[PDB]
Amino acid sequence: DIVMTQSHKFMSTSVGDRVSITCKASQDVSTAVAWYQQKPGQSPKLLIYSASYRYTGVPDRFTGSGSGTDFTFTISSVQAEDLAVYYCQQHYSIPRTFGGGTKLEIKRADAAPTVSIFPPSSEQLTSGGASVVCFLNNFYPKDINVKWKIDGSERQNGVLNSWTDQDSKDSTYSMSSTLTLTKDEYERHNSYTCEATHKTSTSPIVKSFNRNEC
Amino acid sequence: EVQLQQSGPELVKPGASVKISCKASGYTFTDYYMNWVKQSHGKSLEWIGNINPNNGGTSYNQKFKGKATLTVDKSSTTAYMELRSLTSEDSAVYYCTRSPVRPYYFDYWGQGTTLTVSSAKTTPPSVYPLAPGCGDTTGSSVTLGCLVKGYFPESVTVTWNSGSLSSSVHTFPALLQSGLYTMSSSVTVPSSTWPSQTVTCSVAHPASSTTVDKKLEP
Amino acid sequence: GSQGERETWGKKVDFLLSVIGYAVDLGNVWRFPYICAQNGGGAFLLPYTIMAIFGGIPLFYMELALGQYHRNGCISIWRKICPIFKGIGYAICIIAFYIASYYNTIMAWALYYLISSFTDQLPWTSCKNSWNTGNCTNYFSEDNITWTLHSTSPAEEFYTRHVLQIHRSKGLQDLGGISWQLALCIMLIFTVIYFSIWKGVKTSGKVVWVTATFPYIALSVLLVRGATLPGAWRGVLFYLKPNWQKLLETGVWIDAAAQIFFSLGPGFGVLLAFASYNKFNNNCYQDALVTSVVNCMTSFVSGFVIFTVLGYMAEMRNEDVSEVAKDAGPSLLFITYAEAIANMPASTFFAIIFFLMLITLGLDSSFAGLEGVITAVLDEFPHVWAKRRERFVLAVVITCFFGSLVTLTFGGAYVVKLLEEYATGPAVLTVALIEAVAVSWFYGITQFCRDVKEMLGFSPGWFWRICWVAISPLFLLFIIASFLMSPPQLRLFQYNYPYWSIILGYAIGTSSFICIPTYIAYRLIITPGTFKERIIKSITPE
Ligand SMILES: CC(C)CCC[C@@H](C)[C@H]1CC[C@H]2[C@@H]3CC=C4C[C@@H](O)CC[C@]4(C)[C@H]3CC[C@]12C
Ligand SMILES: CN(C)CCC[C@@]1(c2ccc(F)cc2)OCc2cc(C#N)ccc21
Ligand SMILES: *[C@@H]1O[C@H](CO)[C@@H](O)[C@H](O)[C@H]1NC(C)=O
Ligand SMILES: *[C@@H]1O[C@H](CO)[C@@H](O)[C@H](O)[C@H]1NC(C)=O
Ligand SMILES: CCCCCCCCCCCC
Ligand SMILES: CCCCCC
Ligand code: NA
Ligand code: NA
């Protein structure tokens, strides 16, 4: 069989920069390489076929080159909607195999994470539970610390951090820190506080609310 | 208008079998090979095998020999793939894609089919609204959101006002714990549309066929 | 007496090239490279020789010795060995009639391909013809083209819809009627073989001079041509790439055995007839050794001749030489290789010498094929026959022509496959097994070694004796058993053969050797006394 090896699992680039992905094959392939684009949440889309040839309905900014074992997929002007995972695939020998995949992350300037804290709804209190939610919107990069505070004390148990994929409009990550607690424990504390430490500022963004009917 | 429409998500117990359909349109169905590609979570694409619609001329992969069975119907231009002896590894996203004989590229793909192989009970999602406090500072934009807790499997869809508008909606990936998933969603809307108009989040669960809609209230 | 002695050879080299010309044929060209490529690659060279040294060569030499010793036909030689097995000599005859029904028709195609290669623009290059469909897509056309499930190539179209005209038949069920063109072609062929046999071994030793020497020259030209083609290294790589995991499979050994059997073509009486006309003190060892070593080597270089061109074809297209070499038949030569020829400079030249090569590959092998049978009948019915040779040879050729009309139909290729794989093959293997058993276990291998001791002046080695005694009959037995236990599923031109095809093939096959058991019964019912005394007069030579 054939092993299509993509050494770089991840590559960083900026909007307007020139980015190129390499594809290494097992044996000589001549000019039998296809390049597919798969956006997060969508099906793969054919961009290049037979090394250099473009498929119908593909922008001019996507090119293809290579002849033998090493192949290159080149993008001249990177757009915000060019955010996707790119795959190379050989189409000569049975079976048809694919590459590991190169997730193209977009590099940009830093952004201040809009932090928003939210109190447990009454519908959840009816069932017998209460979860304080801390949203972190529009920031960059992904690396960011999140610290919880029930009543001044650093809460660490019952905290779940969820990072989303990069954005395809402004290229900004977003995450959600969830603090899930019981109703009995919720009705024994008043003012909740979640804070976030990022590289945009030395002072962590602090959000707080009161249980006493906001 | 070449369109390839597959079947919905499937939740099946290990050891059983599952069949996936693939309705093709927008092209001469008898002209192109029909393929099936398996994509695992966070992994790469994996070609299972093709089938000739003219006579049902199948060509499987050695890794999938005895694992997948491809069939085809010319009367309705629809392809099928059956999987027996299901395990945890089979829990992945499957596509059916059109392809010529030469050069053998995959020009058009299906939307995909989420397969979940587990003996876990189909749990209905708990939808709890996430409204901002009455003590918060109303700035140039308010951030709303809804919370989904406890459901199985990963088959849920949270829309906002019939998909209008959603130019600032952030959806957070589901997290698995104790055999149940838990996720959340948010939306940044200006202060000139809340709470004046009606903003309601819809949570659909195709696995349990349960659609719960909740409106935000300050 | 009325007649005393038979004729001989005009020169050692004449028959030395005659046997080689018969051994070398179409199958040497395209069957061995394919079967070598898909069964271990270069690693197929190992079991191919083992099945030769232990199976092929001993049968070849054992067959070649009896003919030069007894100097009798395929029929009369059994009267001097085991009369009850005389039916063998007849069986082969019937067998021949089936073989000649298709083996010539193939050449006809080449002939029709040869007479169509005198045009400055070859017919299978363009799509603007009277036989091409709307699916016809060629090169020197728009780029970006993408092949479709229904799309076909002008070469494939030219073979399928023009010369073979197989689109006019729905299969074996409905195949009629006959194409007059290939009828005229096969008439020209049946005419060119007539004047090469009718005078006897005198002309068949002279005509062979061209037919046996031309293919090596043509192969050389095609070799230096295909070596200069870009991306030809892929075909050689795919040709010699070792797959040692194939040797573990018990199938490739049987494939090699069968392949080396059919390439050698022992057990048919042709080598018997060719050996009959020769010096008594003449060496048999060196002759057999050399010829065979060539029949194989020739296959070996033919492999390069094919795979350089197919490699170039895979380079021009997109790789995986198996894809361009999926079809294992005449289509590999008449479509693929031809289409490859069309896209080369001096295409007319390389087409003419190629098809001419094919025809000359076939005739020599067809010369002997008839020669053995004719020799047998003339030796069995002496002085009642031989009144003239041209009369009998003509009477055979015409009969073969009428016997080939079934193959000249629109659905003729189907019949070719059916007869070649389900009918003639297993029967030739069968009668070969019968001969191998008869000479070794009835006539006695010791007396045979004594006869060799008389001719060559020395008794054959233990290496060959132990081969004739046990190795060779089991060698044939393995192949026969392998076939009978699981006959292969036949397929040709997107058409799967009916389930009853094996019944028809076996029907034609069994009808060939109906003569041997009924002849055994004939002598057993004719010879007086006890059945043991009759079988004693049947075991003891006459
Ligand atoms: C040469 C002679 C002795 C062989 C005769 C053997 C007979 C029994 C064999 C040979 C050819 C065979 C036939 C080939 C063609 C057909 C047409 C098909 O629609 C039904 C099966 C049928 C009808 C087969 C029946 C069996 C058959 C008739
Ligand atoms: C073996 N060498 C390569 C020549 C092949 C031609 C062949 C032959 C025999 C009678 C003819 F009238 C014309 C041709 O010689 C023997 C033989 C056996 C089978 C089987 N099964 C098939 C073909 C033949
Ligand atoms: C092309 O081939 C298909 C099937 O192979 C056939 O249905 C079609 O009629 C052909 N086209 C033309 C123009 O004959
Ligand atoms: C490329 O080939 C396809 C084959 O289906 C054809 O439809 C398409 O028009 C071709 N591209 C161009 C630019 O003509
Ligand atoms: C590869 C075999 C070449 C000759 C084919 C003749 C058909 C009979 C062969 C039976 C044993 C495979
Ligand atoms: C055993 C062979 C039977 C064939 C019938 C025609
Ligand atoms: Na041969
Ligand atoms: Na020959």
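The chains carry the letters A, B, and so on, in the order of their sequence lines. The residue numbers of chain A are those assigned by the PDB entry, with the residues present covering 21-234 sequentially. The numbers used for chain B are those of the PDB entry, and the residues that appear cover 20-237, in sequence. Chain C is numbered as in the PDB entry; the shown residues are, in order, 74-615. The figures here come from the full heavy-atom set of this structure, side chains too, leaving out hydrogens, waters and symmetry mates. Read the numbers this way: they start at 1 and go in the same order the structure lists the ligands and their atoms. Determined via X-ray crystallography, 3.2 Å.
At ligand 2 one finds the drug escitalopram.
What binds escitalopram most in this entry is, by the naming of UniProt, Sodium-dependent serotonin transporter. Within the structure, the other chains placing a heavy atom under 4.0 Å from escitalopram are, by letter, C.
Around escitalopram, within 4.0 Å by heavy-atom distance, are found C:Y95, C:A96, C:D98, C:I172, C:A173, C:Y175, C:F335, C:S336, C:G338, C:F341, C:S438, C:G442, C:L443, C:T497, C:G498, C:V501.
Measured from escitalopram, other ligands and ions fall under 4.0 Å in these cases: ligand 7 (sodium ion). For chain C, a heavy atom less than 4.0 Å from escitalopram occurs in the following UniProt Na(+)-binding residues: C:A96, C:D98, C:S336, C:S438. The PDB entry identifies the source organism of chain C as Homo sapiens. UniProt numbering, N terminus first: transmembrane segments of chain C with heavy atoms less than 4.0 Å from escitalopram are 1, 3, 6, 8, 10.
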